[PDB]
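Caption: PDB structure containing hydroxyflutamide.
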Amino acid sequence: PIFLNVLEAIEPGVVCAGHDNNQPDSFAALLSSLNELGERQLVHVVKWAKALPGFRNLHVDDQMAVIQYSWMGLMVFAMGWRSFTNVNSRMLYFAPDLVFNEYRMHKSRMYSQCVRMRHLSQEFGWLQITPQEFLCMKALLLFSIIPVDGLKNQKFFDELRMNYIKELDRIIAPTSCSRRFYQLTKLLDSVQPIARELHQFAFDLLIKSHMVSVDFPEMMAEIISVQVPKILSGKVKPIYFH
Ligand SMILES: CC(C)(O)C(=O)Nc1ccc([N+](=O)[O-])c(C(F)(F)F)c1
């Protein structure tokens, strides 16, 4: 199981937010921690992506781009899985030290987005997603959002995406395989709308950060002000199965 051996070997370990849970919840503190957690997670997402089979087949300029565009979606999918495996979807497990109950979902002003992520988390259980299906689907998510004007070398990207779909095919393997593929691709598509709502929220917050006492880390601020608007303005779009 060469491919799956690799995906398991490179899967990131636990990442903490550094949040002060021994203090009353406040919008400012909760979002400052979400931003810090995001910066911390981005570091791991980059190291993970660069270690994926065939990733070096991509043009160097397309490598960071694909990571930046897919970052939110990758985080959402992984968080949903952690929430399912750790707390049976009872709460959103952003990090061991940043678990969201409904009060925090409300305090964070990200309630609608959080409920959708809780639903995604429940889906992992309802569809009985296996750890191996999770790993392969998460990898495919990295190759699911591209620019309309094209990547430096679109062909290398198209080949890589096809190969990851083939690997998902193998993990699944007739009618039974078809039904499963339908379920998984539907689940994958469902991550994009959620990531979009989070992109919009992060963007709006960054623009008003100076007035809400929210602090934005260097790399995150860069992605949110440079890459995210490309997605929100329609220049960069997700690749839906359906
Ligand atoms: C508000 C902002 C940009 O900090 C943010 O969405 N942060 C953030 C941090 C971590 C995680 N995570 O999955 O570990 C997520 C999210 F993907 F759940 F939504 C968002």
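The numbers used for chain A are those of the PDB entry, and the residues that appear cover 671-843, 849-917, in sequence. Note that ligands are numbered from 1 as they come in the structure, with each ligand's atoms numbered from 1 the same way. Header lists the method as X-ray crystallography, 1.5 Å.
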(message) Can you peek at the structure and tell me the main thing hydroxyflutamide (ligand 1) is bound to, named as in the PDB entry?
(response) Androgen receptor
(message) What residues end up in the site of hydroxyflutamide (ligand 1) at 4.0 Å, going by heavy-atom distances?
(response) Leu701, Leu704, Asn705, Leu707, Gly708, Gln711, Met742, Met745, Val746, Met749, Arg752, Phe764, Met787, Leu873, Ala877, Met895
(message) Working on this structure - any idea which UniProt domain of chain A most of the contacts with hydroxyflutamide (ligand 1) come from?
(response) NR LBD
(message) To check your reading of the model: name the closest protein heavy atom to atom 16 (C) of hydroxyflutamide (ligand 1), its residue, and the distance in Å.
(response) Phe764 CE2, 3.9 Å
(request) Considering only non-hydrogen protein atoms, determine which one is nearest to atom 10 (C) of hydroxyflutamide (ligand 1) and report residue, atom name and distance to 0.1 Å. (result) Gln711 NE2, 3.4 Å
(message) Starting from atom 9 (C) of hydroxyflutamide (ligand 1), what is the nearest protein heavy atom, named by residue and atom, and what distance separates them?
(response) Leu704 O, 3.3 Å
(request) Identify, for atom 1 (C) of hydroxyflutamide (ligand 1), the protein heavy atom at the shortest distance, and state residue, atom and that distance. (result) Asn705 OD1, 3.7 Å
(message) Counting non-hydrogen protein atoms only, what is the nearest one to atom 20 (C) of hydroxyflutamide (ligand 1)? Give residue, atom name and distance.
(response) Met745 CE, 3.8 Å
